[PDB]
Amino acid sequence: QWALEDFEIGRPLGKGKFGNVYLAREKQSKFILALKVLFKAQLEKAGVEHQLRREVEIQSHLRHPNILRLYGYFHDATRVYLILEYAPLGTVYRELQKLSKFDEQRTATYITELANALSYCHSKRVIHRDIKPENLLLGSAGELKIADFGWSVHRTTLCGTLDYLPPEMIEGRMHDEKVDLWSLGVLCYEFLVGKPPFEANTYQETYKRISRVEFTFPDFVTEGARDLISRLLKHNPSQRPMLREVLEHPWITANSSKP
Ligand SMILES: O=C(O)[C@]1(Cc2cccc(Nc3nccs3)n2)CC[C@@H](Oc2cccc(Cl)c2F)CC1
């Protein structure tokens with residue numbers, strides 16, 4: 001159905017992994033959107049071509065205000081095109097770099113939006129969202145948009161991004177939606193501190209620190225934040241909180257801007 005000629009392509013928004021993304025406009029409807037270009041050769045070489053295919057298929061049936069909407073996709077012999085919701089304010093990652101760390105209010109609000117999205121995802125049996133700051137885009141009102149279409153990987157090939165992977169994903173082959181509770185904890189930490197909790201010199205050391213749940217807090221992290229993060233970063237996934245509990249955490253309640 002869709003083809004490149006169905007769109008009026010504008011300026012490049014930026015260069016990402018596997019290709020550029022363009023501000024664009026569907027011809028007939030004049031609807032403004034983002035067009036992500038992905039080169040098949042780079043997808044194959046990076047080992048993520050099958051993940052991307054699965055993700056675009058799953059997410060084509062999903063709709064949530066804090067998930068970057070995927071309107072559709074198409075391909076030729078060379079490239080894959082994603083027709084995406086346009087998120088004007090770019091990645092949370094750039095803001096995190098600019099500011100070094102976020103305050104508790106912006107953080108709790110981000111954690112809220114992420115928790116709502118992940119709750120929706122789980123109801124749809126969609127799990128293990130790679131919600132690292134690079135994959136978090138910003139709507140025109142500063143609302144967070146999960147934009148993970150399966151293009152990061154890390155014997156067995158693991159899906160996602162090392163610093164955010166839970167112990168069960170690195171130690172074993174079985175895991176459920178509780179992995180998304182672990183990620184939420186890493187992100188909350190990262191938001192407040194400026195770096196993820198298990199950051200180490202090498203992959204292997206990161207691999208081991210995650211297994212041991214070996215991390216420390218800086219002194220400035222408040223008690224409520226530490227409490228949430230500590231609950232989220234539990235080794236046994238069965239011991240991790242449910243998303244409802246997160247959304248009703250006193251530190252979240254006391255600090256988030258929205259339900
Ligand atoms: O410089 C930046 O901030 C960007 C480009 C950029 C800058 C400003 C706004 C913007 N808005 C957008 N709305 C939808 C897609 S991009 N996009 C670099 C490329 C990056 O590429 C991606 C990253 C993760 C997931 C996805 Cl779908 C990506 F397309 C997006 C941020």
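The residues of the chain are indexed from 1 along the displayed sequence. When the header is checked for method, it gives X-ray crystallography, 2.2 Å. When a ligand or atom number is given, it counts from 1 through the structure's own listing order.
- As for ligand 1, the drug there is MK-5108.
- In the deposited model, most contacts to MK-5108 involve the chain that UniProt calls Aurora kinase A.
- Of all atoms in MK-5108, listed by their number and element, those nearer than 4.0 Å to a heavy atom of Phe149 are 27 (Cl).
- When heavy-atom distances to MK-5108 are checked against a 4.0 Å cut-off, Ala34 comes that close only through its side chain, counted from C-beta outward.
- With a heavy-atom cut-off of 4.0 Å, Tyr93 does not touch MK-5108 at all.
- For MK-5108, the polar-atom distance check against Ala147 finds no nitrogen or oxygen pair separated by under 3.5 Å.
- For MK-5108, the atoms sitting less than 4.0 Å from at least one non-hydrogen atom of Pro88 are 9 (C), numbered in the order shown with element in parentheses.
- In chain A, MK-5108 lies within 4.0 Å of these UniProt ATP-binding residues, judged by heavy atoms: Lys36, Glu85, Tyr86, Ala87, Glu134.
- The closest approach between a heavy atom of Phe18 and any atom of MK-5108 is not below 4.0 Å.
- Close approach to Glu134 involves these atoms of MK-5108, each under 4.0 Å from a residue heavy atom: 23 (C), 24 (C).
- For chain A, the active-site residue flagged by UniProt that comes closest to MK-5108, at the heavy-atom distance given to 1 Å, is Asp130, 8 Å.
- Contacts with MK-5108 closer than 4.0 Å are made by side-chain heavy atoms of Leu137 only, the backbone lying farther away.
- Ligand-side atoms of MK-5108 in range of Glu85: 13 (N), 14 (C), range being under 4.0 angstrom from any heavy atom.
- Residues of chain A near MK-5108 cluster mainly in the UniProt domain Protein kinase.
- The distance from MK-5108 to the heavy atoms of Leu84 drops below 4.0 Å at these ligand atoms: 27 (Cl).
- The distance from MK-5108 to the heavy atoms of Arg94 drops below 4.0 Å at these ligand atoms: 3 (O).
- Atom numbering of MK-5108 starts at 1 in the shown order; those under 4.0 Å from a heavy atom of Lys36 are 29 (F).
- When heavy-atom distances to MK-5108 are checked against a 4.0 Å cut-off, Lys17 has no atom that comes that close, whether in backbone or side chain.
- For MK-5108, the residues with heavy atoms nearer than 4.0 Å are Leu13, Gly14, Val21, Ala34, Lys36, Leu68, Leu84, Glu85, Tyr86, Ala87, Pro88, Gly90, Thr91, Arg94, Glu134, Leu137, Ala147, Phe149, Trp151.
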